[PDB]
Amino acid sequence: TXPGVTXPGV
DNA sequence: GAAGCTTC
DNA sequence: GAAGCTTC
């Protein structure tokens, strides 16, 4: 997730 | 080490 | 199997 905590996604 | 799910 | 990097 994020970043941080990508997306999700990407 | 945990923290981090939603896509292609 | 690849695709997403940054936080705590």
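Each chain gets a letter, A, B and so on, in the order the sequences are listed, and its residues count up from 1. Heads up: weird residues get written as their parent (or X), and the extra bits don't count toward contacts. We read in the header that solution NMR was used to get this structure. Hydrogens, waters and symmetry mates play no part in the numbers below; they use all other heavy atoms, side chains included.
From retatrutide, dactinomycin, taltirelin, bivalirudin, the name that belongs at chain A is dactinomycin. Going by heavy atoms, the other chains that come closer than 4.5 Å to dactinomycin are B, C.
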